[PDB]
Structures are given as structure tokens and as C-alpha cells.
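Residues 46-110, 114-416, 434-485, 515-551, 556-863, 868-892, 907-934, in that order, are what chain A shows, numbered as in the PDB entry. Heads up, header says this was done by X-ray crystallography, 3.0 Å. Atoms considered below: every heavy atom in the structure, side chains included; atoms not considered: hydrogens, waters and symmetry mates. Ligands are counted one by one from 1 in listed order, and the atoms in each one are counted from 1 as well.
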Amino acid sequence: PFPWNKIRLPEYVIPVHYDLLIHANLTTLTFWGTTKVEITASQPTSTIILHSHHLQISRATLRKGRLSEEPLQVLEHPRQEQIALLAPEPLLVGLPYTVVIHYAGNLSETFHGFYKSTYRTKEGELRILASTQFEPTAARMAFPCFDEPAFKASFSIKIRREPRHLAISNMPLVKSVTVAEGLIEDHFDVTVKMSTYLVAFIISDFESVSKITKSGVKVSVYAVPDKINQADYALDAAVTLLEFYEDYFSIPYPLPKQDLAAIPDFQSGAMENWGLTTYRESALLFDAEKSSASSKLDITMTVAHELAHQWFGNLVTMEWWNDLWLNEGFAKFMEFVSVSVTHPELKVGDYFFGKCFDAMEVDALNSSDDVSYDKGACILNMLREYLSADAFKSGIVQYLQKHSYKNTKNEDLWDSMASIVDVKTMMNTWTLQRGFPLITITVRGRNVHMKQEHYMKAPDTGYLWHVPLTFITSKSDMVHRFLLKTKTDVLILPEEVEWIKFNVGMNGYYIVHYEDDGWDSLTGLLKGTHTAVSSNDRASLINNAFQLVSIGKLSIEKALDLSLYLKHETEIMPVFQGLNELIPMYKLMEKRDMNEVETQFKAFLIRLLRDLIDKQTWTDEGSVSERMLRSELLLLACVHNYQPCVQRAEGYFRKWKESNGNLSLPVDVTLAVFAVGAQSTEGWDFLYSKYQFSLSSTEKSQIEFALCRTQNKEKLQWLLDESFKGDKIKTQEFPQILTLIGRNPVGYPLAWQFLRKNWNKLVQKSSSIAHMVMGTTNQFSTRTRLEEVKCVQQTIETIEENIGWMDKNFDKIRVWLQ
Ligand SMILES: *[C@@H]1O[C@H](CO)[C@@H](O[C@@H]2O[C@H](CO)[C@@H](O[C@@H]3O[C@H](CO[C@H]4O[C@H](CO)[C@@H](O)[C@H](O)[C@@H]4O)[C@@H](O)[C@H](O[C@H]4O[C@H](CO)[C@@H](O)[C@H](O)[C@@H]4O)[C@@H]3O)[C@H](O)[C@H]2NC(C)=O)[C@H](O)[C@H]1NC(C)=O
Ligand SMILES: CC(C)C[C@H](NC(=O)[C@@H](O)[C@H](N)Cc1ccccc1)C(=O)O
Ligand SMILES: *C1O[C@H](CO)[C@@H](O)[C@H](O)[C@H]1NC(C)=O
Ligand SMILES: *[C@@H]1O[C@H](CO)[C@@H](O)[C@H](O)[C@H]1NC(C)=O
Ligand SMILES: [Zn+2]
């Protein structure tokens, strides 16, 4: 008869200090433990409820003292993942007791809790390690505890191990003691007050490289012995970032050391474990044969994210999981603030707003986690730019200092910052409400009118925000603020302006629309002097215009006249906005009869980017986003028979066919070159042969693309059947080829006519196949093309939209083009 019926633990029995002894066998894959918890009762009681999961409790007793011990009855409630310890007599309030529990268990084979993980040496031998992953609720798998983040305590952790291994944990190793023949007991120092999910220990045979920060904090990277030489980058990144955070938060790194460990088969793939963060090997290790340029960038931000938690989230952790979004939101946001300073060469800035746009697009739906954590960061950025960067900085410092080693709620962050503007009430409009507002700007003389409304793709919501508006003016030279608390508000300028732009820097989590013809002046501004506003300002314009176009508040030509400025753009962010909203348009024309508009449109696009495309070096140099633009520009140009790039491309492909595939080819350009090369029936075949010795590389996927891009319909249809056969390739690729051909202007009918025919035997191999049903019909725009198609319930909608868009815009695009 279990004495507790709540998922949450009783609040009247409180842990103070854990003494953990874990003895794990990395051969038999089992572990025994003796954990002792010092507790205090605030109310009299003879039952102690706590957390346990998949642990066989051998023995539990209660100690007090001058010493006295007594057995505890043990009841399990596996559903709730809880135990109950029954005492003979009630506990004396305020008096310190100690619970001693003996238990045993099998190392997790599920990559959570205290789990087994493996790797193979270059010699090919298989090694075992034991590792931890507790967030959110897995500590109870390694040892019994009060497994809620509010129950903080100190931890004395002891690991028994073989001499061929080494244990690392949260705190530094104090002493190693030979305990028996093949047994050593590692004692690590007592932790500071922390939550269970942040406790961690690793048993393995890793190497390490170590550097010492300016403040004397020892930073080390542990990795598999064969790969330890790839930690040099992460280690340096860790050191400089730790130093950054110590300055920013104006609070010294709380712990004696910081250990970053690269874990085989890690599935998180990063964790904020206090003093011992863990990562997937690709997020920490770097080879001169890198997975990509993105990896360096990838690992420089994954680190920065986990290191930021050392302060925000560990030193001051949430009270409960409902605030996890703030923990994660802040770490994401901090990825940028830190790196932008620390590693400017990486150009992290671009990728931030991308995720903000991504978040918004999803919030704009009827329905409304990593993206929710992206909104958190976006929100924070908004707030940080409203209040000065320093007001923000100090407010955070105060938050950390006031709540160090304790727990927190959302309001606590707001309260702390609001004490340096009713931040709390404002922020809750953004936190307790799904979606974001569309903001319409109406000007009447010096009278500037603002209005807000819940922006969503029937339309009837009463949502209302406290929005931190910002704006610049053809006259002003400085950025203005205005707090929009109501449905509408006015604002009076000292004099009439030639143009006004809101959401400066694109730092705010909202889209703005200009009434009358503010767009006219803005697109007039961009075509005259586009540098008059920031790069991101230009990007937000392009982005908002084409969104407003898709909801019927802006006319397609107004947003196209806008893009005309792009002929002069040099910055990545805007160009990608342009491309992201323009391309899809002709991909709907491609799957339609009318070829004249399709061709004039493509002609228009290449005349816009002409200059930019020419400036492209045909190398692999530059930052991740610089390389992504080079890659996409060239591919585009050659796909649209822009002669200059097509010619060059042909040349390169010839030098590489007669190579044969021997001389190296820059990955940025290979996508275009292969594409061009696959156009000849002999080049297509060469690629297909070279397609096997592709080395399971990135190169394979590049060819796979080029092959599907040929205009030879027989060679396309051919790829279709063969990737369905067992002999040449089967399940691992067909789904992706089908969609790739479904996007070829001359190959879409085949993939459609194929999904229909072979449908029966096709379904024969239903959650990952939805990709194939979208990628085959996603871009139809005809009413009749619908009569045909009549899980993938979404694909039916998206076409409906494609048609509306066409019935409205096609006639405007046609006239525009002339
Ligand atoms: C996880 O669990 C394993 C068992 O599953 C523990 O492994 C045992 O560890 C002990 C201590 O390291 C090993 O003991 C050694 O046995 C030797 C004789 O071999 C016996 O066992 C082997 C292997 O099965 C048989 O082939 C052989 O026929 C025998 O039956 C002894 O010679 C060793 O002597 C040691 O003790 C003497 C006396 O004090 C000393 O003088 C020696 O110098 C030396 O210290 C030793 O007793 C035992 O063999 C291991 N098992 C196996 C199967 O090999 C792991 O220790 C444990 N590890 C962890 C990290 O938890
Ligand atoms: C966004 C990245 C830079 C960092 C990210 N990692 C994190 O956010 C970590 O701090 C998280 N601790 C990862 C996590 C969250 C929830 C449950 C288990 C593990 C990751 O992708 O691994
Ligand atoms: C051809 O080039 C490859 C490197 O791409 C090289 O490893 C190989 O040895 C070369 N073949 C020669 C030089 O005969
Ligand atoms: C570990 O698993 C085995 C079965 O593979 C089981 O018999 C054994 O009792 C388990 N050990 C525990 C639950 O402590
Ligand atoms: Zn995190």
C-alpha cells in the first residue's frame, strides 16, 4: 500500500549531503552501490519517499548520531519511479539523520543513466566505457536520491575501478586508494550545492590534454587515446570562452577545474554536467580531414553553450522543468554573445537570425522544443537590445549573485533585471502566449501610428503583447524606442520624414508592415543607398515583405521591386533571404505549362545575381556561410545555363574526368561541376561508376544530386527502378532520389507517375515515407493537378495554398517581368 500518490516528492524531508560509492564492472556490466544521504525532516514522519529506477535495493537503514541504526522497510512504486523507506519510529524535526542504502544494477544499454558505451582502437580491438547522462530524470538510475532539481546538496563521490581505467567526475580527484587486489577506490572532492541531474562520473581509458586559464582554472579535454590529438582546438576554445564568461558574469568559475570529455556513441549530444561536460565526439574533436568547415563552427558553439551553463543553470538552476526553456534559451543566446567576441572569424551572427526566422515561421502556425528554445534566445536578444547591453549584463550578474547555489522561477530573472520598465509583465506576454504580433505602421504627417495583431497563417485572436519597438528615421541618426502596451498607439515626430523603419537590427521578435506606401520609400531607399541601414535591416525587410505578400497584406510586385536592390547587395544574409523566397516561386512554374514566364523569371533572377556570381572565387576559402553562398550561387547559375559559369564548370569537369577523379576538386564547386557534367550521357555514366568509390563521403551525396539533375528522362526513370532493386541499391537511398528527381523540371512527372504505378509494392517498405509523398506533390499549383492527388494530410493543404498563390500572383508576376 504505497504511502505516496504524487509524481512530485514530499517537500517536508530534505537532503543535505550525499555520500556515493559506486563500484562498476566494465566486464560483467553490473554495478553495486552504497549511497548515504544526510536528511532533515521539517514535519514529523515515519516514511521517506525518494527516487529509484531499475535498482535492486539490497539493504536500507536509518542512522542517527552515540550511534544508533535501524532497518527500514522498503516499498517500490516503479510507475512513479519512487521508493518508500518505512521507519519504526517517526523522525524528530530538525534532527539530522542519515539514510544508508545498498543497491545493485546493470549498466544501462540505452545511453541514459549509468550507461555502457564502446569503441574500437585502430588495432581494431573493442573497448568499454561507463558514463553518465542524468538530465532530466536519470540520476535515480545510478543511485537512489531525491531526483528533483530543487533538492540541491553536496556530493562525496567514490568510484571503485580497475587499474587499467581512470575515473573522472564533477570535482577533482583527491586520493586514489588501492582497496583490494585489482581494485582502486577513487575519492573526488565534495561538490558544492547542486542538483542531482548535474552529477556525473566517467570510467574509461581516455587520454587528456590540459591548459590552465588566466584565473588558474584547469581545463582538460578527455578523448579516446587514438583521437586525443584532435582536442587541441576544443581545448583552446574552452579556455578562451571560460575566461570570457568569467568576465561577463563577473563571477569566477565556481569549480576548481573544467573537464570536457568526448564520448563514443553519445546521444544528447551535449550535457552541462558541472565541472565535467560531455559531448558527442563530432562536437569536440576536429580532424584536418574535417566533416566540414561547419564542424569548427559547430564545436565552438556547442562548447560555448555548455560552458555558459556552468553559471546560468548550474550555479542558479531552475526550480522545475517548466523553466527549462529559459535555461536552454539563455545558453543558446549566450552561444552568440560569447563567440561573436571570442571567435569573430566564424561569423556566428548569420546563423542566429536564421533560427529566429525559423522559430517565427513555426509560431505563425495554429499549433504552438529546440525551436521553443530558439524563441527564448530571440526574446532575450530583443530584451537585451531594448535595455542597453550593459543594463542587461548587470541585471544578469545580479541574478546570479543573488541566487547562487539556489533555484529560480522565470519571474526571478525578470525581477533581477527590472531592478537596474516593467520587464516582468512585458516578458510574460511573450512567455505565456504562443505566437508573435504583426506590427503595422501608418504615418499621417508627424503622426506615426503603430498597431499590433496576432500574426498567423477563420483569423480571430485577442492576443496582446508588450512589444519593445525600435525605429530609425531618414532624419534621426540614433535608434528610437517605444513600448507598445496596447492594440494601437500614436507617436509624434518633430518633423516629417522621408522614410521610417521599425525593428532596427532585426533584433525584435516580430514582423512589421508599412501602411500606405512606406515600402515604396524603403525600396527607394535600398535602391539608392542600401548601406543607409544595416545588413540585417535589409534582410528583415526582404523577409517581412515576402511574408506579408503571402498573407495578402502586400502586393507581389511591391516585394519584387524591393528585391531589385539585391543587384547591389554583397552580404550573405539578405541574398539568402532573397533566394529563399524567390526560388520556390519558379519551382511552381517549372511544374506548369507556361514556360515563357518561367524562363523570364529565371532570366530575371540571374540578371539580379549576375554581379555577385561573377565575384565568386572557385575555391573552398572563407567562412561556413561564405562557402554555402559560393556553393549555392554557382550551382544555381550553371543550372540556369548562365554561360560563363557553365563553361568554366564544363572545363573543370573535363579535367576531372580525364583525371580520373584523381585531382582534387573544391567541395564548394563540385556540386555545380558534377551537375553540369551529368548533362552529357558519357559524363553521366562516368559519375555513376565513380559513384561507388565515393567513399561514403559528402561527395557521394553530391553526385547523387548531379545524377538526378540530368535531362535524360530514360536515365532518370532508370535511376528510379534500379534504386528500387536489391542489386544496386535499395532502402537506404530510394526515398531521397525520388524527391531529387521530383524536383527536376523534366523529371517530376516520372517520380509522380512512379509513386502511382509502384505504389502497391512501394508502401511495402509509414513515418519516414511521408517525405516521399511531399517531395513528389509539394509543388503543384494547378486545380487539375489537384483533381489527380484526390499522415500526408499536410501535402493536401500546401497544394491548396500553391494554387491560391498562383491564382492571385501569376498575373502580377507576368506583367512585372515586362
Ligand atoms: C570485475 O569482475 C572481475 C571478475 O568477473 C574481477 O576480475 C578478477 O580480479 C581478480 C583481481 O584483479 C583476479 O584475480 C587473479 O586471479 C589469478 C588466478 O587466476 C584465477 O582466475 C583466472 C581467470 O579466470 C583463471 O584463469 C585462473 O585459472 C584462476 O582461476 C591470481 O593469480 C591473481 O593473484 C592476485 O592475488 C594474489 C594473492 O593476493 C597476488 O599475489 C597476485 O599478485 C595478484 O594480485 C588474482 O587473484 C581474477 O582473475 C579476475 N577475474 C577474472 C575472470 O580474470 C575484476 O577485478 C572486476 N573489476 C572491476 C574493475 O570491477
Ligand atoms: C545547441 C548546441 C550548441 C548545444 C546542444 N546541447 C545542449 O543544449 C545541452 O546543454 C543540453 N544539456 C542537451 C540536453 C538537453 C536535454 C536533455 C538532455 C540533453 C546540443 O546540440 O548538443
Ligand atoms: C593520383 O592522385 C592521388 C591523390 O588524389 C594520389 O594519392 C595518387 O598517388 C596519384 N597517383 C599517382 C601520383 O600516380
Ligand atoms: C541484470 O540482468 C540479468 C539478465 O540479463 C538479470 O538476471 C540480473 O538479475 C540483472 N541484475 C540486476 C537486476 O541487478
Ligand atoms: Zn543547454
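- The name given to the drug at ligand 2 is Bestatin.
- Here, the main chain in contact with Bestatin is recorded in the PDB entry as Endoplasmic reticulum aminopeptidase 1.
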